[PDB]
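Structure note - loreclezole present.
Just so it is clear: chains get the letters A, B, ... in the order the sequence lines come, proteins before strands, and each one is counted from 1. Atoms considered below: every heavy atom in the structure, side chains included; atoms not considered: hydrogens, waters and symmetry mates. Just so you know, ligand 1 is whichever comes first in the structure, and atom 1 is the first atom listed for that ligand. Header entry for method reads electron microscopy, 2.1 Å.
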Amino acid sequence: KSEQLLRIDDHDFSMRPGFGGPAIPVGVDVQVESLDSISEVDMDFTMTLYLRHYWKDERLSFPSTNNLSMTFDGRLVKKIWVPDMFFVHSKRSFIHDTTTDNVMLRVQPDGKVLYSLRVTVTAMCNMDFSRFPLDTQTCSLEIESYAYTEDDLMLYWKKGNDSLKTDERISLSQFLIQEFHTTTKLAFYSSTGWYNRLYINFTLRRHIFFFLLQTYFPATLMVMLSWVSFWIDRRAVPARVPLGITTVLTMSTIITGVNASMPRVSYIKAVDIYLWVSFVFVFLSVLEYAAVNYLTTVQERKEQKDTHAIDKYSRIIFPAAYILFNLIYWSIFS
Amino acid sequence: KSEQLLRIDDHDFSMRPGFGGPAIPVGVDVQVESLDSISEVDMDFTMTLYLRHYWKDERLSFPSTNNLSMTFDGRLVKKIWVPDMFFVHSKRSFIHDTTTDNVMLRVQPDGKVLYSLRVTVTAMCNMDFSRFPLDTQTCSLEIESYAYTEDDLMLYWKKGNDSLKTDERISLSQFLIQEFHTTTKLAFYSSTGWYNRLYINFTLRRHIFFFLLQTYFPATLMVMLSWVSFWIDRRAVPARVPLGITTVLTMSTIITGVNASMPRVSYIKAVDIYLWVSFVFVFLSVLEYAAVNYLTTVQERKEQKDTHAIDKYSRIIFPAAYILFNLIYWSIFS
Amino acid sequence: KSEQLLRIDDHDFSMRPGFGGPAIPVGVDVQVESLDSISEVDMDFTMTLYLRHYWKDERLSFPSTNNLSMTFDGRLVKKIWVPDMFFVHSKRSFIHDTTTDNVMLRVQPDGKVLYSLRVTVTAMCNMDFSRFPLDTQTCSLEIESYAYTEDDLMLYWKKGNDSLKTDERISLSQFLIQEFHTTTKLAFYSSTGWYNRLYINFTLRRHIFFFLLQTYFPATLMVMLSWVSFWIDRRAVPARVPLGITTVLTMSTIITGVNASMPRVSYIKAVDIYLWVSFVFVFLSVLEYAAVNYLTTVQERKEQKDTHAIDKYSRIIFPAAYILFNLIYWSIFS
Amino acid sequence: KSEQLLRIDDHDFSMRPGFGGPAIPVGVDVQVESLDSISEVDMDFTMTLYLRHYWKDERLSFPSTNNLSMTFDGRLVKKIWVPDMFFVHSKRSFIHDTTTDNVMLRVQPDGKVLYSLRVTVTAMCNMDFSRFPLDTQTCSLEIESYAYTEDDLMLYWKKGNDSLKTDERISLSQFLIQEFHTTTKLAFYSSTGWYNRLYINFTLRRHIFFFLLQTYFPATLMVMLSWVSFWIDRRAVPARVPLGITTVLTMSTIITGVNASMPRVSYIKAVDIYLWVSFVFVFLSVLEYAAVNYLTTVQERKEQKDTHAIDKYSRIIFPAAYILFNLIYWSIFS
Amino acid sequence: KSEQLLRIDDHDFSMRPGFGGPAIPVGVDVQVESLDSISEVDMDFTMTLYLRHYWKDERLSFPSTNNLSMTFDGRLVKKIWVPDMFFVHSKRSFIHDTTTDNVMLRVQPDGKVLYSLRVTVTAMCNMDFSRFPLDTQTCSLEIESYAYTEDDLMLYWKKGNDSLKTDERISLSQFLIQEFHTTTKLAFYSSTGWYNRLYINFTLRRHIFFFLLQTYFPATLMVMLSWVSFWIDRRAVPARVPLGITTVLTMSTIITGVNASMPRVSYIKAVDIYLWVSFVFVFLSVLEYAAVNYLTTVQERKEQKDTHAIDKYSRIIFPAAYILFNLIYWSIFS
Ligand SMILES: Cl/C(=C\n1cncn1)c1ccc(Cl)cc1Cl
Ligand SMILES: Cl/C(=C\n1cncn1)c1ccc(Cl)cc1Cl
Ligand SMILES: Cl/C(=C\n1cncn1)c1ccc(Cl)cc1Cl
Ligand SMILES: Cl/C(=C\n1cncn1)c1ccc(Cl)cc1Cl
Ligand SMILES: Cl/C(=C\n1cncn1)c1ccc(Cl)cc1Cl
Ligand SMILES: CCCCCCCC
Ligand SMILES: CCCCCCCC
Ligand SMILES: CCCCCCCC
Ligand SMILES: CCCCCCCC
Ligand SMILES: CCCCCCCC
Ligand SMILES: CCCCCCCC
Ligand SMILES: CCCCCCCC
Ligand SMILES: CCCCCCCC
Ligand SMILES: CCCCCCCC
Ligand SMILES: CCCCCCCC
Ligand SMILES: CCCCCCCC
Ligand SMILES: CCCCCCCC
Ligand SMILES: CCCCCCCC
Ligand SMILES: CCCCCCCC
Ligand SMILES: CCCCCCCC
Ligand SMILES: CCCCCC
Ligand SMILES: CCCCCC
Ligand SMILES: CCCCCC
Ligand SMILES: CCCCCC
Ligand SMILES: CCCCCC
Ligand SMILES: CCCCCC
Ligand SMILES: CCCCCC
Ligand SMILES: CCCCCC
Ligand SMILES: CCCCCC
Ligand SMILES: CCCCCC
Ligand SMILES: CCCCCC
Ligand SMILES: CCCCCC
Ligand SMILES: CCCCCC
Ligand SMILES: CCCCCC
Ligand SMILES: CCCCCC
Ligand SMILES: CCCCCC
Ligand SMILES: CCCCCC
Ligand SMILES: [Cl-]
């Protein structure tokens, strides 16, 4: 029996190695396999990865006439001491178990141990949509010991920044992913003390040009279309009136359709400001002709008892104001 | 073996400490990690937190030449007595178990015990949408002992209002969160007796200005647009008629689009009252011109065999009535 | 050890109390905590409740110098006999287990037993939507023994109609709930025999006035709007034609929007009949003017080589027919 | 102890009854409780049922002074041999376990056994939507032994066609259900051999008249509406043009709305053919007037330097072609 | 007892067969039962299959007077050594367990073993939608040993390309499936070494003709409809203007409706390019008439103080440009 080469019943494996003395160092490496999904309304993401641990325990040393190591599956985990890592700020997680538990232990003759398992985790990520669609988001995954303070267990990245590897074809459908790196920081709990925490950081971006074509283009086109009435004969009322009202209807169907396709986030974003300002422009172009038609009728009635000046000024004033608004908007939102 | 320092087989751990006598006090602290989601149709919310217990048991005392405590994981829980807390009015819950069970026990030399675990819970919350979007909601989470009355177990907040801590970046996508505090109250069951219950309370609010721009603005604009026809020559029938009917169509597409984007709650809310009143105003503006055109045709036919008075009065009467409705509405709904 | 006061190893707890003789009576009480959700497409509902059992077993009697009872958690259930209740016509269910199993047993000195647990269940409910939105639905939850016929186990409500209690704030978002009561009935299985079954019954209703404002109001308004053309000068073709076609478009957008918001039930309901009849009325008003314009052109051409009679009759005939349809419809559907 | 009446430790219950000799016959009965849901996109359905087995084992015989049988719950299943049935072509399944495992065993004095359990299963069903909404679908559920060939275990329906019972109120929301019956057939696996398989078959149909009113009615009405322009004075251009373009818009909103409400199946179905043909008819009616107006203008200009023949022919030709298309369509698709 | 024919307690089944020496070969066969679902947004698919293993172990040999083998269920798996296969790049998986665990073991007298189980797996698949709806996708499922390198375990397809079988009625609702085959490749891990990996490959395609009718047809029809105004009398302003604006509205409702029905993938696809170009064409046709009407009014006013040339050129220039765009587009995207 291989479990008799390790004197399992001769030691108390409910206490850590080096109990009573300096803290035992534990090194960690991570390999990220994929990014599975992201939820903008609930503000979280899901990832699948491999987690590896490295430490030394003299109680597991065994004699050997060679330098070969012994390998075990997850059934041995319940008989020895192992570190208790958990994921901070997570919502759910599980360990894969097909066709059996995805766990491995390798023991060197001198007592060095490698501990490897495959896991899937869902973690929270606070997001800010004020600058949508030109927003940038930063996310992280955090690892910590549940019950051991820094006086008993010292947790660190085994090879610094070389301890993190990512798959060559990692991707998300609606985002671009960049800038993976690691950091560390100490955390304080009033109930028990100080703990060391490890982080994995990355950044997300959208495809701007899609949103530009999809949203900003049609609104600008309809605003330019509403200016055509300034060049039409003012005597053609049955042509001037339906044009304006139909332009208003069209802008409304555009805005409704654009709403239906964005994530349901109930506060003001940049693209709403652009859309609503454009709608106000279309509205004012209808009031302009109402004033022209009333003044012309008044003059004709007075007389019985050429281009109007308002059209001449509007032809210049409307585009300049729209250009100025665009300059200010794009200087503010980049 | 550390489990031999506690005389586990020398006591009956199916009975509480102090059995036969006064009730044993149990103190509680809570740390809230995040708010995960909220469902308006099903009327519930989900939260993740840390739950800590504190009590004393002389049967767990052990000799020591120092003042160091002993720490255990969840495997010891099945060998000793622990309190049986459950969440009242909950729909589902679970205890996190990656990479192992997220449970800890710490025992002092004199028998003081700390019991800590990490849990996620979904709880009901009755909501009232009568004043939407200007509504305010209050929610709570409740903690109680399943099997012990106040004569056997006395449950209380360990440090009063200082027993509740919340994470600095707690947030929801569509709500603002304020005013966390704790309370206590006694509850009666006819089957078994009196129990003490603990509460955690908080309040939610919406972003009003978003809904104002999104809903109230376009309806007011279309109502003002329908008044333009009062200043148009009454002889231009092919201009007057299509304007009114197209305004009605536009208001209808607005209302349908607004419905499609609100939570599916099938009873009357304030924003429906505003929308429907606006639609009635647009409808009456079309009936006005129908009457004008009939009367003018009658006069002309009679004669063969200037502004009409109705337009002159409507130009004044319609805006005043709308302003009065707005005053009453906003005095009622704040 | 408290489990030595009951002679657990001196009896066979795989057989019922009173084996060999008359059936053992078992009384039941129920406390309903909440109604969690309802699904109209799948035709089911979900509820959370407390279930309590009461029976006597002389094998559990123990000596005592007082009249105090002993209390146990779920770990004792596997050592003694307990009744095997299940829910008939259910789709899924589970027993709550945070922070431990929500089960309790209380044993009197003379052998009386109380057995209490907390459970959540999803059950089927056949619904009929023919009269929507004026429909009424009735639902039930059923309880039965899996393996014991009425010759071995007699199941009954412990206190008649007083055995059912409901929470003071039970509610659903889209329904009104009334008329809770209990009944009993015997059921026959050809495989094994007769069993007694218990029922919990209640009734659901909708908020009619919401649906009236939301659906019936706009359709009636558009039907009345289509009658305006009967009072317009027949010589104004470019006013008469676009009015009718735009009214048809508006009614179509209303019907599409109303469909998008009802539960996806693919058979004919009352509100469809009202909507479709209204659409036919709008369609006939356009055919009326087509006939008028053709006849007028024919007369003018014939002559070269006042109000038309059709308008005069339509002005009377259309509203009377619509009023008659409304009388018949509302006498049929209440 | 009742488990000592059966000599459990005197036999090897890892081998079947009659090992070494002819195959042991096993009879099956099924009672269907409900049909829970159906998914058209994923092509599967879900059902809840009772499954009963019947066989004889002389090793379970026990002495008795009467003819009474002994009943056990699921805990005895792990101590004796039982048949290993599984569901072929299923996606998920589970056995109900509230308030305990829904399993029963009944043993006669002579060794006859009844084995009963309650289960829910989701199974695949390939569907063909070519004839939608006039399609018909056939589904089945299949039962088979996992590890025993027909040489060791003989599986059959216990009472032929009388072995299948269905609940009196079984129903689905969007389908009609008819024609339950059973069959059997032998299956071959190259890895191990021949196995006998049992089937349960049934058929589904839709409510045609709903779809007729919902889809075919409005399209026919708009096609008939487009024919009105053939009777309108050709000199009234501002009446003829907007009518046609608005009819095209209305047909487009109808088709979009109809798409939004059908299951997302991305290939051509019959109702698409009808809709698209109707749209082509509306399109050609606009080209007709374009040609009329150009020819009239040419004639007038030529002259300066009554009904047109095209209208007269169109008034006859358009309805006849539409009627012929309808005859062919409904002779093809029934 | 059959488990005494195999000397289970006389061997250490924590080490592989042939420990210390050359690697043990393990052959694999796969039978695919169904394809359950596919998710385009999350980029994964789900499949149900049978997995079979074949190897030899002299420790399991037993005496026999015949050539009959012994069969066991999953309970024996925990007592002997078996291979530890897992699925690479998977998101979740499970082993079916109704009515018991779907596992089988068959042992020959000479120690040959067959190991069979039924499993369902969800696996990732990166997709590219640039050419939608004319895109083609390739997917794979991968199998690998968790803990044994190629020096200890040699994994291979048992019968080459004949080791893969697929069900005769495998299908997906929205895709066509072709070209199943197998491959193998060696993989390197810096943590432990080289491993052999097996692949199952297949290809997916869409139904093009559906998308052609659904999207490309209406846009082309509306572009052709906008050309009608070039043949209309330029003096009929109240006919020319509403036609153009209504055509713009119709194209907008078409594009919105087409968006609502495609998978929510936020980057530019081919069908967007076609739609947006068509919209620009419709927009330019309105600017054309605006210029014509202004120039005509200028000429008339100048004079007071036939076909216009622009119409004559547009009648030729617009269709040629559209045909050229179509030629380039369909030469690029096939
Ligand atoms: Cl965006 C919208 C209407 N909604 C459509 N879906 C939900 N709300 C709107 C908001 C502001 C303005 Cl100025 C115009 C419009 Cl049309
Ligand atoms: Cl809100 C709606 C129609 N619906 C749109 N989606 C669902 N119902 C409506 C209700 C009342 C009035 Cl006066 C006008 C309208 Cl347009
Ligand atoms: Cl209700 C509908 C169209 N649909 C909208 N969504 C789904 N179908 C309709 C049915 C009958 C009649 Cl007469 C008119 C109409 Cl517009
Ligand atoms: Cl059915 C559709 C547009 N879509 C709406 N939703 C998705 N596609 C269509 C197809 C063919 C024809 Cl000839 C006309 C139309 Cl409007
Ligand atoms: Cl596709 C769309 C609007 N959207 C509808 N749903 C979501 N966005 C659009 C994009 C570009 C152009 Cl040139 C015209 C239009 Cl109408
Ligand atoms: C905080 C931004 C407000 C923008 C208002 C736009 C009004 C058209
Ligand atoms: C009409 C669009 C104007 C865009 C100007 C952009 C200035 C950065
Ligand atoms: C980061 C993209 C900015 C786009 C500017 C557009 C100005 C019209
Ligand atoms: C209880 C509020 C009713 C509001 C009716 C509005 C009618 C336009
Ligand atoms: C036309 C909008 C009027 C708003 C008045 C507000 C009174 C509080
Ligand atoms: C709490 C916001 C009230 C808004 C009043 C608006 C009156 C037009
Ligand atoms: C069974 C009700 C049929 C109603 C048809 C309505 C036609 C407009
Ligand atoms: C035009 C609506 C008529 C409603 C009449 C109601 C008769 C009960
Ligand atoms: C139960 C409500 C009946 C409503 C009748 C309305 C008649 C116009
Ligand atoms: C295979 C059916 C094609 C139908 C094309 C319809 C074109 C209007
Ligand atoms: C205009 C509809 C014609 C329907 C004819 C039906 C022939 C079976
Ligand atoms: C099975 C129903 C056929 C319907 C024929 C309708 C012909 C207009
Ligand atoms: C990369 C493709 C851009 C297409 C732009 C289309 C503008 C109408
Ligand atoms: C107007 C459609 C033109 C299609 C041309 C196709 C060239 C391959
Ligand atoms: C693979 C299909 C190509 C379709 C070409 C259509 C050109 C109008
Ligand atoms: C649109 C502005 C009109 C100005 C009237 C004085
Ligand atoms: C909306 C009316 C405008 C009048 C300007 C004199
Ligand atoms: C744009 C407003 C013009 C007013 C000139 C009198
Ligand atoms: C948030 C203010 C934006 C201003 C754009 C002109
Ligand atoms: C719109 C009101 C008309 C009044 C006719 C007497
Ligand atoms: C709708 C008709 C109005 C007539 C008023 C005299
Ligand atoms: C607003 C109604 C006006 C009526 C004047 C006769
Ligand atoms: C709308 C009915 C017309 C009658 C023609 C005889
Ligand atoms: C639709 C044409 C009507 C003709 C009546 C004479
Ligand atoms: C409503 C139909 C009127 C016909 C009178 C000739
Ligand atoms: C609509 C067909 C027109 C025929 C021109 C020759
Ligand atoms: C679309 C133009 C039609 C011209 C027929 C002569
Ligand atoms: C329907 C086409 C008619 C053509 C007659 C010249
Ligand atoms: C549409 C192009 C107009 C050209 C004016 C010079
Ligand atoms: C949009 C105005 C066009 C003017 C060309 C001269
Ligand atoms: C299509 C542009 C035509 C311009 C001819 C002057
Ligand atoms: C991506 C460029 C497409 C060009 C089509 C003409
Ligand atoms: Cl006109």
Open item on the list: I need every copy of loreclezole for my figure - which ligands or chains are they?
Closed with: ligands 1, 2, 3, 4 and 5
TODO: Look up in the PDB entry the name of the chain making most contacts with loreclezole (ligand 4).
DONE: Gamma-aminobutyric acid receptor subunit rho-1
Open item on the list: I'd like to know the other chains touching loreclezole (ligand 4) at heavy-atom distances under 4.0 Å, if you can.
Closed with: D, E
- [ ] Look at atom 3 (C) of loreclezole (ligand 4) and say which protein heavy atom is nearest, naming residue and atom and giving the distance to 0.1 Å.
- [x] E/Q214 O, 3.8 Å
TODO: Enumerate the transmembrane segments of chain D, UniProt order from the N terminus, that have a heavy atom less than 4.0 Å from loreclezole (ligand 4).
DONE: 2, 3
TODO: Please give the species listed in the entry for chain D.
DONE: Homo sapiens
Open item on the list: For atom 12 (C) of loreclezole (ligand 4), what's the nearest protein heavy-atom neighbour? Residue, atom name and distance, please.
Closed with: D/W276 CD1, 3.5 Å
TODO: Check each atom of loreclezole (ligand 4) against the heavy atoms of E/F217 and keep those under 4.0 Å away; list them by number with element.
DONE: 13 (Cl)
- [ ] Would you mind telling me if loreclezole (ligand 4) is within reach of the side chain of D/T256, the backbone, both or neither, using heavy atoms under 4.0 Å?
- [x] both
- [ ] Around atom 9 (C) of loreclezole (ligand 4), find the nearest protein heavy atom and jot down its residue, atom name and distance.
- [x] D/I255 CG2, 3.6 Å
Open item on the list: Checking contacts here: is it the side chain or the backbone of E/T215 that comes within 4.0 Å of loreclezole (ligand 4), counting heavy atoms only? Could be both or neither.
Closed with: neither
Task: For E/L213, atoms of loreclezole (ligand 4) separated by under 4.0 Å from a heavy atom - done: 10 (C), 11 (C)
- [ ] Write out the 4-aminobutanoate-binding residues UniProt gives for chain D that lie under 4.0 Å from loreclezole (ligand 4) by heavy-atom distance.
- [x] none
Open item on the list: Can you walk me through which residues contact loreclezole (ligand 4) using 4.0 Å for heavy atoms?
Closed with: D/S252, D/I255, D/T256, D/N259, D/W276, D/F279, E/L213, E/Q214, E/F217, E/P218
